Each structure stands twice: as structure tokens, then as C-alpha cells.
A.B. asks: 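Below are the C-alpha cells for one structure; questions will follow.
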Amino acid sequence: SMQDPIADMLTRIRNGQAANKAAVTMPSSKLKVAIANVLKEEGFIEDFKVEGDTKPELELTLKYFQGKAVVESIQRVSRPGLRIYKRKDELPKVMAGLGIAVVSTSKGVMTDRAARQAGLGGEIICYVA
Amino acid sequence: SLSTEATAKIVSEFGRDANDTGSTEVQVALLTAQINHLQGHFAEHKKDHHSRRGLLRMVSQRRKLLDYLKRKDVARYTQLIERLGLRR
Amino acid sequence: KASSXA
RNA sequence: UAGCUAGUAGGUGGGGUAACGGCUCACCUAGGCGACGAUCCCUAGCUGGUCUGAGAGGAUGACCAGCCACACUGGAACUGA
RNA sequence: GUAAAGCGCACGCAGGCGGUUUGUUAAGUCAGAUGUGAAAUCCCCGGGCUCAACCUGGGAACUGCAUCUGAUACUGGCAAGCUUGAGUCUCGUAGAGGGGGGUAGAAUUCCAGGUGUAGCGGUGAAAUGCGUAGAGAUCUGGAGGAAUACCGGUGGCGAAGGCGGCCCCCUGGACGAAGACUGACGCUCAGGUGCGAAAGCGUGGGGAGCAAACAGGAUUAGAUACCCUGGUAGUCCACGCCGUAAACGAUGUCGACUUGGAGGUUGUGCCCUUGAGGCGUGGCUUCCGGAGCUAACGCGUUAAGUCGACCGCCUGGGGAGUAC
RNA sequence: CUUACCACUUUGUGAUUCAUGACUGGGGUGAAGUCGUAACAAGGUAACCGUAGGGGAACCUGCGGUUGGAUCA
Ligand SMILES: [Mg+2]
Ligand SMILES: [Mg+2]
Ligand SMILES: [Mg+2]
Ligand SMILES: [Mg+2]
Ligand SMILES: [Mg+2]
Ligand SMILES: [Mg+2]
Ligand SMILES: [Mg+2]
Ligand SMILES: [Mg+2]
Ligand SMILES: [Mg+2]
Ligand SMILES: [Mg+2]
Ligand SMILES: [Mg+2]
Ligand SMILES: [Mg+2]
Ligand SMILES: [Mg+2]
Ligand SMILES: [Mg+2]
Ligand SMILES: [Mg+2]
């Protein structure tokens, strides 16, 4: 059954990005937005949009550059089937730096750079580049 | 299968109104009905396994509702089992 | 198994 | 190897030891353990560490040091801090 | 998928995992602080033996455990919900889905009766066999078992195995359409339970056709076979046992997502239903093919693409799915 | 002197494990052995799977399944 949206979001992005799709919809959530935010804020998509009342609908605008898309690779790290909690020294560095790692902290859902500067740790959600 | 009255009747017996057709209690009953009826159906036959496959689903499904109820409304469950005279 | 022996 | 368990599990009260304790004894409750592997078999002294490995791992417990056990074999107390 | 590897298939307990909103919690998670983590070792920088090995000063390290105090996004717990997941109801829709019970229509075989006259049958050729005590050919009615031509599909239903004449009785599931209702009740499943071709096993029936075994005739160097003439168990029914098949898509289940094109099938909605029909919208199902995947052949919105959850299984050939 | 505990040790009957055993079962390995030629081509009767019966031997036959069957049948 449908036991992991967070993942599902990521892959809807990846599957869309692949097919040169201009937009991407999905039944929404707070955390999807929390994520979707880091994507604009860190420069991977142009912006989100929530046409919703009882059954929200988060909508993303895919970025592209040349004939190739902006989300080079997007990977679900932690899963319900296997949870991943890092500290701060153990925070990952995607692409030797040139890439972000969405991590959920007790002061909010930020990037590895952010979590680093803020000097805190938490469940790493996913790698992106 | 299940008589339109017999269905309607029971919906208007265990259900908190007619039209409250999706109620847990109702289903449990609507099921217990069928299960009990078919009971005579496979009283002879015994070989209508395909149907029995259907029976078992009803029985299964019921056990999963009775269980839901026990988790939610301890009172309604306990009252319900004595009400259908089953579960033991 | 087995001509000239062998 | 899927069951194990009578001082067995707990309580009370005596006794007991440097000391807590079924450590022991009488009585009373009927418990206690187990698929998060009891029970039963097989092998083994443990660690610091050593060797290998990019690491994660695998392999290992000589020499040094810490800890435990044993002193022909089985058993037992005495002396005494 | 074909290299070793998806359990034949479903139901389901324990376990794992879990949509969406708020509050709270603070177990997991995160942050900081204090004890601690023997020395030697390793590592860094030095120092001492002519150098090195060796010896040595100080540090770093010991990725750990514990505690107190904090942080509250995610996870978990508790409280109250929400309706898209899931589920009940309403009307229908299609269907070899199942069990039980009648009957119809060809055909084979057998019996009875008629004429008839010497052939039928079979093969590569022959023969055994059936007719000279009269078959086959052939004439009529009747008995019995088994299976349902044509429709018939590239179809349909079922979890799988599987299920085709017609008719009646009880019964499963699916799907479309409008809504109504419960409100995360869900996904998966070690063990467990059940179903599970054909052959086989027990008791009793039934037995036309076909046919292991067996017999006879041929073939061949041989022929324990292929072929021919016969034919018993069996195939059919009742009940019980058996649990295996190349039980195959050699492809586990569930959910989401990713260009197209030609059909089949069963629905529903709209068009003076105008009449061959058209244009939407579902479920299911053949064919070709993009990307992507792939060792390749090929798979390709019914994935073998892109992701997640849970289970099953594989680890060189043989020995062996054997021995204990 | 006596009582309780208790070691060596005694008896009966099981479990288990190691070695060994006339004889026997298949297995593996050995340039050219004997018998036949089952499979690979439509392998000269398409093959294979489960099962059953038979046969010096591979195998042969019945029932159902599979295409991992060649062919304008
Ligand atoms: Mg006391
Ligand atoms: Mg005392
Ligand atoms: Mg390794
Ligand atoms: Mg001694
Ligand atoms: Mg294979
Ligand atoms: Mg399968
Ligand atoms: Mg909470
Ligand atoms: Mg140290
Ligand atoms: Mg029989
Ligand atoms: Mg098998
Ligand atoms: Mg094709
Ligand atoms: Mg065996
Ligand atoms: Mg041959
Ligand atoms: Mg052949
Ligand atoms: Mg056959």
C-alpha cells in the first residue's frame, strides 16, 4: 500500500523531470511543503503552489537549463523501512559539497550546510543534485 | 444473496438510522446475517469451495471489524457481541 | 573407464 | 534441540553470613522461564589489543598489562585480616 | 523472465511497515554540559642509544557507555478529528465462477429382426483378427456409458488448479453509474489453515469408446519398441486418503508514477437515439513500439522503466533434492 | 555415640555420540573395454515435466501438462 509519500514526492519530481514535464501535482502535506521549500530556497525548482481545502494539492514548477533538467539525481535516503539519524560531524556531503541534503531538525527542515552552520543534527531525508 | 428488505431491515436495526449504511455495527450484522444464512447453504453441498472462499472473506472481514470496534469503543463491541450472540 | 586398464 | 521449572517463583516467620538474598528451614500463595530462542547439544577462558582491510568488515586472544579459573584426580573443611 | 534463484494458489495470527490536520508527550532522534572510557599499543610533534629497530616526554586519539539539562521537524505514545486509501448500502451490467438436480441432439458399441453373397479389416507391404456354422456391407427398434460438433474468439469468469450441449434449484466474485453511509478499519505475512491438474491408493458402484500391463501378427541383425488385431487396471459416480506437474508469464503481493499507435471485450454518459453509427468516460484483455532498462534475446503504463512496503528464494558444476 | 548433608563407588533401564563390522546400496574417478544408440537436426516415433506399469540397458507405453516443438500438414 501507499506507505511513503515523501519518497513518492521525490520520484514524482524525478519521473516528471525525465519526461520534460513542465509541472507536477500531488495530494499534499506540510512536510512535502517543508521539502518543496528547500528545493526553491536551494535552487532546484522555481516554486510550489497549494490549491487546497480538505484535500490539498501541492504543485511544483520544474526547472530546466539546456536540453537537460535541473534535478540531476534525487534519492530517497531514509525510509520507513529504515530510518537514518546522523549527528553533525556525520552529516553527509552530497557531491563533495556541490549538492544539498534535506535534513529534518528540531529547529526545522533545512540543508546540510544549514544544519552544519546551525550546529545540529537530524533524520536525513534525501540526497539531491 | 441478501434480501433487499433483510438488508434494509438490518440497516434499520443496528444502524443509527436508515441511510447510516456504512456503520461498523451494521456491516458486522449485515455480515453475521449472510454467514449464518449460507451456513445452511454449505450444510449440504460442502464442495462449493469457490463460494466458501467468499464465505471466509465475510468471516475474515467481520473479525477485522469486530477487532476495529474493540480498539475504538470497548463498550459498543462488548455490547455488540452479546447482541449478535457470538465471539464467545 | 576402462580400455588398456584405466 | 520447543518446550524448561519443587527450594521451582513469590510471601511470612525462624535460623544464617562480614554483608543484601531460597543462602537455609517450616508453612502459605501457584507461580517462574521461553520463539526478543528458554531447555538441550557442540566449541570457547574475556578485555585492553594483535593481523588484514580504504573503510565498514573478517580473522584472532602468544609475548606486555587488567580481569577470571585451575594447582596429579574427586571431595572437604581447619587455621587466618 | 531465459545464467543458481518467486513458495502451485488464497485466507490469516505474531512481527515489520503505515494516508491527512491540530494539541500534547519527549521514548527514538538531535543539542550542550559533567563523570568516565587503566597503563602500554596505534597516530602527531619531540627527546635518548653513532643510525635504525628499540627506548622515552606531551598531546591527539579511544568513533563508547552513563547521567543531568535542553531542542520538538521527523519517528513513536496519548487525546480529538478529516475523507482521497480502505469498507457498507442503492440500480444495474457481463460472465464455460461454484455445488446440486433433470432433460435434449449426434455418434460409437451391443442385442433383435430383414435381404444379401463372399467378402470385411488392416499395412510400406503383409499378417493376426471379423465372415463358409454366413460377417462386413446392410435393414429397424431398443439398451447402456462417455463427451457435448457448429457457435468458439485474438473471447469470458475464477486466487490458482481450472471451468464449454439444453433446462431447473441454492451460491461466490467482479465491474459501470449516481449518490448515501462507517471513518485509516490499511499493505504484507515466518509458523498455522484451506484449496490444489493428471496419475495413484481404500471401499462400493458404473464401464460404450479409448487404453498402461498382458497376448497375438508384423518390422528389424535383434525390437522386451515405433506399426497392426485384441485387451485388463484406469478414465466416469459416491465418500475418504494422496499434495505432486515445464502447477509457466519459467516473471510474488500492494501502491504511486513515466511519450505513443492498431485491436478485442463489457459497461456508462452526451448527439432531431433519425437508419450503416459518432464522440467521451471506466474495468479487463491481445499486438507493435519510444524512452529507459537489459549480457543479449527482449521488457516496454498489464515493465523486466522510475520509486516505496512486506514476504519467498539464490551463492560454481557434480554428488543430491540424495543420505541421516 | 547419633542425625542431616555429601564425594569414590554399586545396580537397573533409556538417550546420545565416536570408532569399528561379514555383507550390501548407490556415488565419484580412471586416452582407445563389451552391448546397444536414448538425447542434440522433425535426431529419423517432436522433446520435456508430474505419475503409473513394463523392460539387460539407455529407456518403452498409458493419462494430463508445457513450448524450452521442426514443418505451406
Ligand atoms: Mg525474615
Ligand atoms: Mg533473621
Ligand atoms: Mg567483506
Ligand atoms: Mg584439588
Ligand atoms: Mg534455472
Ligand atoms: Mg507464481
Ligand atoms: Mg506527537
Ligand atoms: Mg588507550
Ligand atoms: Mg478406486
Ligand atoms: Mg516441486
Ligand atoms: Mg510487440
Ligand atoms: Mg526423498
Ligand atoms: Mg536419436
Ligand atoms: Mg524421436
Ligand atoms: Mg497425452
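Lettering of chains follows the sequences in order, A, B, ..., and the numbering in each one begins at 1. As a basis for the values below, the full set of heavy atoms in this structure was taken, side chains included, without hydrogen atoms, waters or symmetry mates. Modified residues are rendered as parent or X, with their additional atoms omitted from contacts. If you're wondering, the header gives X-ray crystallography, 2.9 Å. A restricted portion of the entry is shown here, and the contact count covers that portion and nothing more.
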A.B. asks: What drug do the PDB records list at chain C?
C.D. replies: viomycin
A.B. asks: Could you peek at this structure and say which chain has the most contacts with viomycin? A name from the PDB entry would do.
C.D. replies: 16S rRNA
A.B. asks: Any idea which other chains have a non-hydrogen atom closer than 4.5 Å to viomycin?
C.D. replies: F
A.B. asks: Which residues and nucleotides from other chains come within 4.5 Å of viomycin, counting heavy atoms only?
C.D. replies: F:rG30, F:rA31, F:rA32, F:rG33
A.B. asks: Counting non-hydrogen atoms, which residues of viomycin come within 4.5 Å of RNA chain F?
C.D. replies: C:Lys1, C:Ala2, C:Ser3, C:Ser4, C:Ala6
A.B. asks: Per the PDB, what name belongs to chain C?
C.D. replies: Viomycin
